[PDB]
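Contents of the following structure include ribavirin monophosphate.
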Protein chains: 4
Amino acid sequence: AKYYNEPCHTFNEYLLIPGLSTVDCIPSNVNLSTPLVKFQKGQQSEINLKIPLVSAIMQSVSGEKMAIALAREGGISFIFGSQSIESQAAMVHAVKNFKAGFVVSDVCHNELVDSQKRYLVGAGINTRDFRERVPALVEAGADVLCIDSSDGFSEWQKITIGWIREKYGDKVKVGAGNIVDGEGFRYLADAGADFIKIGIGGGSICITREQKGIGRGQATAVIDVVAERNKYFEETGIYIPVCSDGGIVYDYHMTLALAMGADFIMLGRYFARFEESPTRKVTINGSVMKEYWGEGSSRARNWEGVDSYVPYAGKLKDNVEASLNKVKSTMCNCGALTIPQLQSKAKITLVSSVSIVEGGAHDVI
Amino acid sequence: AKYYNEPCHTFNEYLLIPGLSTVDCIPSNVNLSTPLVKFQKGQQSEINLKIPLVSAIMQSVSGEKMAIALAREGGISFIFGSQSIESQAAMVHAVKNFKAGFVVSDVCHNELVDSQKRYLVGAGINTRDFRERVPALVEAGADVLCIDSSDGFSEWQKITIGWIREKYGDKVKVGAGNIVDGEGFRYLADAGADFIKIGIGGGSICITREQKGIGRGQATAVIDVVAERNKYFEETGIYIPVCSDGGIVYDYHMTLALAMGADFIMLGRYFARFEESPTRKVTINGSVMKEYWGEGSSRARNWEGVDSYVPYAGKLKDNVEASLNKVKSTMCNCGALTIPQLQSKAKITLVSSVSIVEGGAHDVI
Amino acid sequence: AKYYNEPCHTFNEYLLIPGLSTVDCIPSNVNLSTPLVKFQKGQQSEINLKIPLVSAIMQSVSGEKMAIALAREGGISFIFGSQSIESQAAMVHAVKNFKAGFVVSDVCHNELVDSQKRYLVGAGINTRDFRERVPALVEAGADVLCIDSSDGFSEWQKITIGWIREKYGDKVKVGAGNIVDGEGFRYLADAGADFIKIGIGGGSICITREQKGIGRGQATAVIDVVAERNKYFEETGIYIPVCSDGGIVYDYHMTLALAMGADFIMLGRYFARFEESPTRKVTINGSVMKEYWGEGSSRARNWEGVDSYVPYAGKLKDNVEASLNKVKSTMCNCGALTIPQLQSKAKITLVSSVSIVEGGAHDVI
Amino acid sequence: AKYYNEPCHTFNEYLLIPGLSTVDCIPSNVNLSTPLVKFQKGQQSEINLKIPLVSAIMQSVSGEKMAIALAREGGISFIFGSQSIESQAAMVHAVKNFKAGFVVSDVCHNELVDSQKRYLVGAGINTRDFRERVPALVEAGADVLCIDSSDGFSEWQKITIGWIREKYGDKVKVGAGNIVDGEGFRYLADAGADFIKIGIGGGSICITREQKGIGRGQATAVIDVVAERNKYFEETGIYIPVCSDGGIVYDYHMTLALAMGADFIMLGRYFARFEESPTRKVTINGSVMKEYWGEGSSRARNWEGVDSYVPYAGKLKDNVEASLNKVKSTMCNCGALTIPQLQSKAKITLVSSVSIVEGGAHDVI
Ligand SMILES: COc1c(C)c2c(c(O)c1C/C=C(\C)CCC(=O)O)C(=O)OC2
Ligand SMILES: COc1c(C)c2c(c(O)c1C/C=C(\C)CCC(=O)O)C(=O)OC2
Ligand SMILES: COc1c(C)c2c(c(O)c1C/C=C(\C)CCC(=O)O)C(=O)OC2
Ligand SMILES: COc1c(C)c2c(c(O)c1C/C=C(\C)CCC(=O)O)C(=O)OC2
Ligand SMILES: NC(=O)c1ncn([C@@H]2O[C@H](COP(=O)(O)O)[C@@H](O)[C@H]2O)n1
Ligand SMILES: NC(=O)c1ncn([C@@H]2O[C@H](COP(=O)(O)O)[C@@H](O)[C@H]2O)n1
Ligand SMILES: NC(=O)c1ncn([C@@H]2O[C@H](COP(=O)(O)O)[C@@H](O)[C@H]2O)n1
Ligand SMILES: NC(=O)c1ncn([C@@H]2O[C@H](COP(=O)(O)O)[C@@H](O)[C@H]2O)n1
Ligand SMILES: [K+]
Ligand SMILES: [K+]
Ligand SMILES: [K+]
Ligand SMILES: [K+]
Ligand code: NA
Ligand code: NA
Ligand code: NA
Ligand code: NA
C-alpha cells in the first residue's frame, strides 16, 4: 500500500497570521469575485461569481427559492439532481424566468446574472441518467452543471463528461468530483471537467467512520489539490477552478479555504438554516429549527447519511453579509484586496493538538 | 533498551483515500477469497477462505454452532482449546459430520468445505498438553490448528510446532502467535508456522494498562509484520499468510486491516453478538444482550481479562453480509477487485490527533 | 500561501528544567527590573520597570486607582484610550499629581516614579484621533504611550508613530502592536516603536475562532519575535523591549514568558480581579466577583469581545507579591538572579499532547 | 534560552514489545536484586536491594512500621527527615534493633539486612541541619542517607555531600536529587552522591502547574539521566545507581521505569495505602481510606503540596508480591531474567496521542 509522511488536518487546526495591512485595505473595497469555470492563461473565466459561495446539491438546501436568494447576493445554487428530470428542469426554468411575472396572460448590485439579466443557476447531475437529464437541463436554461458524487475518482465521471463534450463541445459547463488529492484532480482535469470539487468526509451530516472509512482532512485535501491544480496550469496553460466542499464550521474556515487556494466554497448546513431553504421550519421547545438531511440518508435517495435539525438563522441576505464582512476584514489583516491576492500572501500556521483552548474564552465566567 | 522513531497507531487513526474506480468494479464482482496457510511462490494455498473473517479462539465465541454458521458464509472458526481435550474434539467432530444426520440408526454457494463437502473447522491448542490434544483434534478431523497465546514470541511455540512437524510433517496445518513486530514474525516463520497471528492489547476485552503493559497499536503491528512477511517471501519463496487479531471496532477497520496487508481477520466481540455464539442471550431493561468474556478472565481459565455484555445483533448471516458489502464497496472506491489488489493499490493516510471530529456528524442535532 | 514547519504552542505546553542553583540565589536577592523603552547598545533604557508587569489597556482594568496601586509596586498601567480625550487625560493627570493633596486651597521602596518622584503612568492611543489625543496626553504628563490594536502590522501604526516622531522626536515614547512574528516586529521596529507588543488570540476574553481566525500560540509568537528582536539588535545596535500580552493563566506562565525573551508582561484578567480595578464588585451566591469585559465587546466600544466575571482576589499588593515570589523562586531553580540571566540560562521543554496530567495531582482524592 | 528537539513523555505513553521468551524464564526464577549505592567497574555494590522498591521520604509514608515491613520483603525505607533530629534517630534505632525484644530488663527469605542480621533502613536529610542530623542518624545505625529536595541541582547538595565525605569518607552512603537531565546527574555525580534520584513534577500529590512550572515527563527524565549515567560509567569506571522517583500509577509503570534504566523505584502513594503506613485509617461512606499528604503541603512542613486520601489496600506484603509477580511475568515476555538483562533487551515504544483507548477495554459493557 501507499502511505503518507504527514497525517491530514482539518480547518479547525489552522490560524492565519496577519501580514502588512495598507491604508487602502478596508472591507468595503475588498473584491470577492472568483472564477467558476476553467479558462486558458491570459483569459478570464466565462462565469465569475461575485461572492465565493455556492449552495450544496442537496434536497434540503438548493431549491428554487434558495437559487434565487443566493444569485441575488452574487453566488450560485446547484439545484439538486435527486429528483425527477422533469421536476429538476422545472426548478431551473423557474429560476431562469423569475423576472418575467407572477401571473398569467389574463435591484441588487451584486446579483449574478447572464447577458439577458436572468439569475444564474446550476444543476447537479449523476453518472446514470445523464443522457436524458442533461438535455432537459440545458433546454431549461441551466448555466452550469455538476456531477454529484462522494467519490469522483471514477471512470463513470470520465464517460459522463465525455458524452457532454461530444454532444455540446465546450458550450456546456460541467463540474466534477469529489476528489481529495492530486491524482483525482488530474484525472478529472484530463477528463475535461470545468471545475473540480474537493472533499470527502468533511460534511456536517457525513459520518466517514460509521461508513466506509474513506476521506481526508478538508484542509490537507484542499492544499494538495490546489498544488496539483497550479502544477497543471503551468504545464497546460489551463486554469481549473476548484471548490472546497464541506467541513466549514465557522466563518473563518471560509477565509482559510480560500487562502489555501480554493476558488469557491460549497456549503450545505450553512444555507439550510435560512428561510429560503426548501425544508420545513419546525419549532422545538421555544427554538425554531429547520430540517437538514444528507443525500446519503434513506430519507433522500428514496425517490450513509443523517437526518437532523439546524437552528433557524433567518433570511439568507443578512447572514451572508455578516459572514463575508468578517472574511473581508480578515483578508485586509492579511494584506489582501482580492481572493487571488489572499491565496498568494496568506501566512497559514497549524496549531498544536494540546492547544486551541487559548484561542477561545478561558478562565472566565 | 531499544526505542522506535515513531509512536504506534491504531485503526481509528487511518482513512483510505480513493483511487481510480473502473466501470467493472461493482460490489457483486469483488472476490474476497484469501489464503489461510503458507505456500511456495507460484503455488496456491491448500486452504482458501471465501471471506477473510475467522472467529476468535474463545469460549464465548467459537462453539460448534458458530463454526457451522461461519463456514456456511465462507469463513472458519477456531473451536476454543480452553476446555477438555475430549470436549473440544467432540465439537470438531460434530462440525465435520453435520451434513450426516440429526437422528440415529433407528445449499450455500460460499460455504467453506473440504473435498468431502464437509464444513472446514479450526481448533486452538496450547503449548502444554499438545502431545495429547493435537492427535485427538486430528482424529476428530480438524482442518487447521492454531496455538492460542498472548505472547507467541516464545520458545514454547517453536517446540510445539516442531513436535507437530516431526509427527505429521506438513500434513497438519498450525498457526502461531500472537506477535507484533518483524522479529516475532520471523521467529515463528523459521519455526514452521503455517500462518502467523498479529496483535497484543487490541482486543475489546483486553486491558493492557491494567495488566502487564505489553502491546502495540494494531495498525502499526500489522504494517510492520506485513513488511517483514514480504521480505521473508522474497528471501525464501515462502508466503506466510498473516492474521490481524483484535482491535476491529468498525466495519471500515476490516478494510484497513486487509489494505495494510493482513490476509484475514480474527474477531471476538463482532461474532459474540450473534445468535450462534454459545453464550446466553440475556434481556436487560428492554435490551437483549449476549455475554462476552475474555480467555484471560477468571471466568474462563477456571476449567487479566474482563466479563461483559454485547448488544444482540441477530443471526450471523445478515450481519456478515452487511459488513462485507461495505468492505467490497470501499474496495471499489480504492480500485480493487480482490484483496491482493487492494493491498497493492490502497492509499492509506494517518489523521491528526486534533481531528476525527470532522469525519463524523458535527454541529447538527 | 506560506506555511510553517511546526504548529504553534501555548504556555501550558512548556515546563522549565532546573539549572544549577548557587548559594547566593535566594528569592529576596532576585532583581526583577526590566527595560520599558528602546535604547542603543552600551546604554540603559530611560525607563525601567521594577517588576515586569503592566496592566492592560482596558476600560475594565486600567483606571487611575489601578495605575497608582501598580506603580507603587514597581509596574506601570496604560490608562485605556477607549474614552474621551478629556477623560483619559484627566486620569493621567490625577495619577501624576496624586502626591499633591486630597483637598483644595481652603513610602514604598519599589514604587515606579519619575525624577519628580511622581508615579509613572502610561496611556493607550489609537490610529484615528492621535493628532488631538497625543498632545493632550503629553500635556497631562503621560510618561509613555502605546497604540492599542489587535493587528499592529499596519501602515496606520507607521503613520501614527511617524507623526509622533516628527512632532516630538524621541522625547515621547510610544509602544506599538500587536504582532506575532518576526515580520511584524521588524515593520514596527523600522517604524520607530519604543517597545513592541506581542499577542493575538491569547487573551482570556478573546475568542479567535468565533471571530476572524487570526492569531498564534503565545509561546511561539514570543519565541519568534524575540529571535527577530535579537537579530535586529545585532544589525542595528538598537535593543527594542518586547511585551508578551495575553495568555497568562498561571503564575508560572509569567516565568515562561520572561524566560522566552519577553522583557515585560501585559495582563488584563489578572489585574481585573483586584480591588483597585474600576469595575464593580458584585456578590453572586456567596462569591464576590468583579466584572471583566474585553475592548472588543459591544459593552466597550460603545463610547468581537466577551463580557464576564472574575473571582475577587483582594488588593493588588498581596497578590502581586505572592505571584512574583513564585517567579523569583523559580528563577533561582533556573540559576538566574535577573531577568536577562534567566533569558540566557533557561532550559525550556515542550510537553507531550498525551501528558500534562502527570504534572498535576492524580489518582488521589 | 535552550530548547529541545522533542517534547517530554510520561510512563502512560509507553508500552513494552515482547522479545523471545525462553523456556527457562518463569516468574519464580526472575531475580529482582539491584544496586543501591555506587561502585567501580568489576565490583558489586556494597548494598543490594532484593526488590527494586523503596518508600518515599514522607511523613505519611515511611515510619518505622513501614521500614520494617518493606525491609522484610527486600526493599528499604527512607525515614522522613521532616521531624526533629531526636525523633528521626529514634525511628532508625527502633528499626535497627527490632529483633531484640518488646519488653525490658525485668523468617523471611527476602529480608534486607546487614551483616548483623538487622533490617536495613535509610533516612532523609536536608541541606540545613545536616551537621547535627547526620551524626545522630549514623550513631542510630542508619544504613544509607538521602538528601530530600525537589531541585537537587543545587550547590547546597554539593556542600552537604562534601561535608559528609570529609567527616566520614566513603563509609557513609548518601543519595542526592532530584534532577531530571544529564547536567543535573553529572553535577551530583562529581559531587560524590552514592545514588541519584530522578523526578520533578511526577508525584501523585505534586502539582507542577499550580506551582513553579518546573519539571519533566518522568519517562524522558529517566531515559536522559540513564544515558548520562552510562556515559559517566564509561568515562570514569564509576557506576552510579539511579532512582526513578514518582509518577508510578500502574504496576507496568514499574517495569517501564526499570527497563528504561532506573535501578530502583521510589514510591509514596503506592505505599501510603498500606496498613503499615503511619497515617490514620479512616472510613468514608463504606470505603476505608488512608490519609496521604505531600511534604510540600502546609500540613507537613509545619514542624506547594496537597492533602488527600488513598484507598486502603491492606498489608504491604500481599500487595508488593502481586505487583512484582506482574513485573516478573512481563520481564519474561521481554526475555529477561534480571533487571540488567531487561534494561539491555527491552523494546520500548511510544504510543500515539490519539490512542491508548485500544489498550483498555472498549465497546463493551
Ligand atoms: C453524492 O453526495 C455526496 C457527496 C457529494 C459527498 C459525500 C457523500 O457521502 C455524499 C452522499 C453519498 C451518496 C448519496 C452515496 C452515493 C455516492 O457514492 O455518491 C462525502 O462524504 O463527500 C462528498
Ligand atoms: C491467549 O489468549 C489471549 C490472546 C490470544 C491475546 C491476548 C490475551 O490477553 C489473551 C488472554 C491471555 C491469557 C489467557 C494469559 C495466557 C497467555 O499469556 O496467553 C492479548 O492481549 O493479545 C492476544
Ligand atoms: C484593541 O484591543 C485588542 C487587542 C490589543 C488584541 C486583541 C483584540 O481582540 C483586541 C480587541 C479588538 C478590537 C477592539 C477591534 C479593533 C482592532 O482591530 O484592534 C487580540 O486578539 O490580540 C490583541
Ligand atoms: C522535598 O520533597 C519534594 C521532592 C523530593 C520532589 C518534589 C516536591 O514538590 C517535594 C516537596 C517540596 C518541598 C517540601 C519544597 C522544598 C524543596 O524545594 O525541596 C517534586 O516536584 O519532585 C521531587
Ligand atoms: N453524507 C451525506 O448524506 C451527504 N449529503 C451531502 N454530503 C456532502 O456534504 C456537503 C455539505 O457539507 P456541510 O453540511 O456544508 O458541512 C455536500 O455538498 C456534500 O459534498 N454528504
Ligand atoms: N484479554 C483476554 O482475556 C482476551 N481473550 C481474548 N483476547 C484477544 O482478543 C481477541 C478478540 O478481540 P476483539 O473482541 O475482537 O476486539 C482474541 O482473538 C484474542 O487475541 N484477549
Ligand atoms: N477580544 C477583546 O475584546 C479584547 N480586549 C482586550 N484584549 C487583549 O487581551 C489582553 C488581556 O488578556 P488577558 O485577560 O490578560 O488574558 C489585552 O491586553 C489585549 O491585548 N482582547
Ligand atoms: N509536592 C509534594 O508536596 C511532595 N511530597 C513529596 N513529593 C514527591 O513525590 C514522590 C512520591 O510520588 P508518588 O505519590 O509515589 O507518585 C516523593 O518521593 C517526592 O519525590 N512531592
Ligand atoms: K495586518
Ligand atoms: K474511486
Ligand atoms: K537548580
Ligand atoms: K516473548
Ligand atoms: Na483567547
Ligand atoms: Na463529517
Ligand atoms: Na504530579
Ligand atoms: Na484492549
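The order of the sequence lines fixes the chain letters, beginning with A. Chain A uses the PDB entry numbers throughout; the residues present, in order, are 2-107, 220-416, 431-492. All chain B residue numbers match the PDB entry; in order, they span 2-107, 220-416, 431-492. Numbering, chain C: per the PDB entry, residues 2-107, 220-416, 431-492 in sequence. All chain D residue numbers match the PDB entry; in order, they span 2-107, 220-416, 431-492. Note that ligands are numbered from 1 as they come in the structure, with each ligand's atoms numbered from 1 the same way.
- One finds ribavirin monophosphate in this model at ligands 5, 6, 7 and 8.
- Here the macromolecule with the greatest number of atom pairs within 4.5 Å of ribavirin monophosphate (ligand 8) is listed in the PDB entry as inosine-5'-monophosphate dehydrogenase.
- Every other chain with a heavy atom under 4.0 Å from ribavirin monophosphate (ligand 8) is named here: D.
- Under a 4.0 Å non-hydrogen cut-off, the residues that form the binding site of ribavirin monophosphate (ligand 8) are D:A57, D:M59, D:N291, D:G316, D:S317, D:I318, D:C319, D:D358, D:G359, D:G360, D:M379, D:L380, D:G381, D:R382, D:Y405, D:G407, D:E408, D:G409, D:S410, D:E431, D:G432.
- Not a single N or O atom of D:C319, backbone or side chain, sits closer than 3.5 Å to an N or O atom of ribavirin monophosphate (ligand 8).
- At least one N or O atom of D:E408 sits closer than 3.5 Å to an N or O atom of ribavirin monophosphate (ligand 8).
- Considering backbone and side-chain N/O of D:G315, none are found under 3.5 Å from N/O of ribavirin monophosphate (ligand 8).
- Taking atom 18 (O) of ribavirin monophosphate (ligand 8) as the reference point, the nearest protein heavy-atom neighbour is D:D358 OD1, 2.6 Å.
- Taking UniProt's list of K(+)-binding residues in chain D, a heavy atom lies under 4.0 Å from ribavirin monophosphate (ligand 8) for D:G316, D:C319.
- Of the residues that UniProt lists as binding IMP in chain D, those with a heavy atom under 4.0 Å from ribavirin monophosphate (ligand 8) are: D:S317, D:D358, D:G359, D:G360, D:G381, D:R382, D:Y405, D:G407, D:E408, D:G409, D:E431.
- Counting atoms of ribavirin monophosphate (ligand 8) from 1 in the listed order, those under 4.0 Å from a heavy atom of D:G432 are 3 (O).
- Checked against a 3.5 angstrom limit, the closest N/O atoms of D:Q324 and ribavirin monophosphate (ligand 8) fall outside it.
- Considering backbone and side-chain atoms alike, D:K310 places every N or O at 3.5 Å or more from each N or O of ribavirin monophosphate (ligand 8).
- As stated in the entry, the source of chain D is Tritrichomonas foetus.
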